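Entry overview - Kanamycin nucleotidyltransferase with neomycin in place.
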Amino acid sequence: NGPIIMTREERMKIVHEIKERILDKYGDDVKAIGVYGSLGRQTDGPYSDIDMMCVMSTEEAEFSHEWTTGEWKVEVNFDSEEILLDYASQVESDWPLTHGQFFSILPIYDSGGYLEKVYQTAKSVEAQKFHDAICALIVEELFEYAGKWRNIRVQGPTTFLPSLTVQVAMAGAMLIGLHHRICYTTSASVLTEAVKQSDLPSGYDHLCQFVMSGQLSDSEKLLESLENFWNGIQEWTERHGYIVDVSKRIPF
Amino acid sequence: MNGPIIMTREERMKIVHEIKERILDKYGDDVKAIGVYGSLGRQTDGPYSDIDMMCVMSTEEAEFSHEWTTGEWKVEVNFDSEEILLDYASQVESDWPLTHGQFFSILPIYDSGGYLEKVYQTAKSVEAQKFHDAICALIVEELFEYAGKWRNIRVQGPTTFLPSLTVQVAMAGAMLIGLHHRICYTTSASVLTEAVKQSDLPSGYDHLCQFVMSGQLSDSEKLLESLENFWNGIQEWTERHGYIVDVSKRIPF
Ligand SMILES: NC[C@@H]1O[C@H](O[C@H]2[C@@H](O)[C@H](O[C@@H]3[C@@H](O)[C@H](N)C[C@H](N)[C@H]3O[C@H]3O[C@H](CN)[C@@H](O)[C@H](O)[C@H]3N)O[C@@H]2CO)[C@H](N)[C@@H](O)[C@@H]1O
Ligand SMILES: NC[C@@H]1O[C@H](O[C@H]2[C@@H](O)[C@H](O[C@@H]3[C@@H](O)[C@H](N)C[C@H](N)[C@H]3O[C@H]3O[C@H](CN)[C@@H](O)[C@H](O)[C@H]3N)O[C@@H]2CO)[C@H](N)[C@@H](O)[C@@H]1O
Ligand SMILES: Nc1ncnc2c1ncn2[C@@H]1O[C@H](COP(=O)(O)CP(=O)(O)OP(=O)(O)O)[C@@H](O)[C@H]1O
Ligand SMILES: Nc1ncnc2c1ncn2[C@@H]1O[C@H](COP(=O)(O)CP(=O)(O)OP(=O)(O)O)[C@@H](O)[C@H]1O
Ligand SMILES: [Ca+2]
Ligand SMILES: [Ca+2]
Ligand SMILES: [Ca+2]
Ligand SMILES: [Ca+2]
C-alpha cells in the first residue's frame, strides 16, 4: 500500500534497531553511525524514509543496504573513512542537492569524532572546486540543454519541453547553490530556496515560476523563457568570473 | 558565447575526423577503437545537436573524458579501457534504458580489432536476471521513495515541487518499462514518447505521462490522483510479472 504514516519517534525507534543490528553484525569495524536526511534534521514528515550512514574501519569498504518493509523505507551506507571523506570533498554539478547530508548528521554512535570530521571536511571544501563545478555545469549541462530546446523549436518534440524546462530550472538551482556554496535543505525545497537567493541569473526566477506552478503547456513562452535564462547566464558568469574556456577546438 | 549554433551533419563529421586524428596522433597504438554515438552516430542529429564520441584504449584502468565547448558547438569524448567499457556495457542500473542505447548504434571510424562490435555484442547479451534485479531495485530505490515524497506533499507541501516530482516519476516509470522490454530509448526527448507505446504498461502510467508531455501540471489534486493511480498500477504490474522483493523483515541484513 506504499509508504505509511510514521511519527518521528517510531522512525527513531527503527533507527536504534538498525544501530544495534549494525553493531552486532560488524562490531569493532564500526567507527560511527549517523542519521542524515530530514530525520537527521528532525524535520521528517509523515511519509519520510530513513537515511543512515556508517563509517567503517575496513579499508575500501563501500556498500549499502536499501530496503522497504512495504510500509517504510531505509537506506544505510557503509563507507571507509577515506572513501567517505573523499566523497564529501568532491563537488559535482549536483553538490547543492546531495551534500546537504553532511550538514544534517545526527550522531547515533561515534567512537572518535568521525562524524564531526566528516562534517568539517564537507564544510571546508576549497572554493576553487565550486568554481570548476560551475564551469563544468555550464558546458556539460546548460549548453547541452540549450541545444535541446533549440532543436525542439525547429523540429520538436514539444512534448519534451515541460520535462526539459524542469531540468533546466534544477540545473539553474544547482548553479546558484554552487555559487553561494550552500546546500539546499531538501529536494522539495530546491526551487523555492533557489529563488530567494541573492544574485540570480537574469530570467531564472521567471523560468522557475513555470516549473513551480506547473504551467508548462505554453511551449512558446517556455522557449522564450529558456532563451532569456540562457542569455542571462552569460552575463551572470562574466559578472562572477565563472569564465568557460572556448579557445581550443580540440583541447587535448 | 551565443549558445549552440546551427550545424549540419557534414560539419559535425568534419569535426569528428579532426578529433579522431588528434586522438590517434596523441595516443597512437594505445587507441583500440574510436566510434561515434548519440544522434550523430545514428545520423539523426538535429541542427543544434552536439557530438558524442567514444574511444577504447589499450591502457589498463584508463577512464577519462574530455568534454568542452567552443562557444558554438560542444563535444564529449569518453576514453575507456576495453575491460572498463565492456564491464560498463554489461551492468544494468535503473537508468539503463536511458544510457545504454549508446552501444547499439555506434558509428565506427577507427577499430583495430572489432572492439566496437565486441562492445555491442556485450551490450545485447546481458542476462535476463540483471534486468530483473534492476527493476526490483528501481521500485525500492526510486518509485517507493517518490511515493513518500508526493504523499508528504499532499499533507505538508510543498506543491511547488509537485510538477518536478511528477516529471521524475514519469521518467522512472519509463525506465521501468524500458528495463522490462530491454529497450533503450533513442534520446532523452523521446523517452516518454517511446515509453508510452510499449506494450503492457502499468495501469495509470500513460495518463500520468499525458500530464507531463502536455505540460498541464498545475492541478495539484489531479496530479496526486494520477500519481496514486500509477503507484497502484505498479503494485499490480510488478506483482503480476514477478518483480517481487521479500519485504517481510524489518532489517534484512
Ligand atoms: N563511458 C563508459 C562508462 O560511462 C560512465 O559514465 C556514464 C555517465 O556517468 C556519464 O554521464 C556523464 C556525466 O558523468 C558527466 N557529469 C557529464 C556528461 N555529459 C555525462 O555524459 C552522458 O550524459 C549526457 C546527458 N546528460 C549525454 O549528453 C552524454 O552524451 C552522455 N555521455 O557518461 C557515461 C555514459 O555515456 C562512467 N564514466 C564509467 O563507468 C565508464 O566510463
Ligand atoms: N555514501 C558515500 C558516497 O556515496 C556515493 O553515492 C552517492 C549516490 O550515488 C548515491 O545515490 C544512491 C544511488 O546510487 C542508489 N542507486 C539508490 C539510492 N537511493 C541513492 O541514495 C541517494 O539518493 C536518494 C535520493 N535519490 C537519497 O534518498 C539517498 O539518501 C541518497 N543516499 O548515495 C550516495 C550519496 O549519499 C558513492 N557510493 C561513493 O562515493 C560513496 O559511497
Ligand atoms: N539524488 C541524491 N543523491 C545523493 N544524495 C541526495 C540526493 N537527493 C537528496 N540527497 C541527499 O540525501 C538526503 C536524503 O535525501 P531524501 O531521502 O531523498 C529527501 P530528505 O532530505 O530526507 O527530506 P524528506 O523528508 O522529504 O525525505 C538529502 O537531504 C540530501 O542530503
Ligand atoms: N543521462 C544520460 N547519461 C548517459 N547517457 C545518456 C544520457 N542521456 C542520453 N544518453 C546517451 O548518450 C547519447 C547521447 O545523449 P545526448 O547527446 O544527451 C542526446 P542525443 O541522443 O545525442 O540526441 P540529440 O543530441 O540530437 O538531442 C544518447 O543517444 C543516449 O544513448
Ligand atoms: Ca529521507
Ligand atoms: Ca532517502
Ligand atoms: Ca548528442
Ligand atoms: Ca551530449
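In this entry the chain letters A, B, ... are assigned according to the order of the sequence lines. Here the PDB entry sets the residue numbers for chain A, with the shown residues being 2-253 in order. Chain B is numbered as in the PDB entry; shown residues: 1-253, in order. How was it done? The header gives X-ray crystallography, 2.3 Å. Just follow the structure's listing: the first ligand is 1, and inside any ligand the first atom is 1.
Copies included, the model assigns neomycin to ligands 1 and 2. Other chains with a heavy atom closer than 4.0 Å to neomycin (ligand 1): A, B. Contact atoms of neomycin (ligand 1) toward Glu145(A): 28 (O) (distance under 4.0 Å to a heavy atom of the residue). Counting heavy atoms under 4.0 Å from neomycin (ligand 1), residue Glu63(B) touches it through the side chain alone. For the pair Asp80(B) and neomycin (ligand 1), a heavy-atom separation below 4.0 Å is found. Protein heavy atom at the shortest distance from atom 30 (O) of neomycin (ligand 1) is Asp52(B) OD1, 2.9 Å. Among protein heavy atoms, atom 36 (O) of neomycin (ligand 1) sits closest to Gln102(B) OE1, 2.9 Å. Here the protein heavy atom with the shortest distance to atom 29 (C) of neomycin (ligand 1) is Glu76(B) OE1, 3.2 Å. Ranking the protein heavy atoms by distance from atom 8 (C) of neomycin (ligand 1) puts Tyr88(B) OH, 4.7 Å first. Protein heavy atoms are found inside the 4.0 Å sphere centred on atom 2 (C) of neomycin (ligand 1). The protein non-hydrogen atom at the shortest distance from atom 18 (C) of neomycin (ligand 1) is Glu67(B) OE1, 3.3 Å. Distance check on atom 6 (O) of neomycin (ligand 1): every protein heavy atom falls at or beyond the 4.0 Å cut-off. Shortest contact from atom 26 (N) of neomycin (ligand 1) to any protein heavy atom: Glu142(A) OE1, 4.3 Å.
Distance check on atom 13 (C) of neomycin (ligand 1): every protein heavy atom falls at or beyond the 4.0 Å cut-off. Per the entry, the organism of origin for chain B is Bacillus sp..
The protein atom (non-hydrogen) at minimum distance from atom 15 (C) of neomycin (ligand 1) is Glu141(A) OE1, 3.9 Å.
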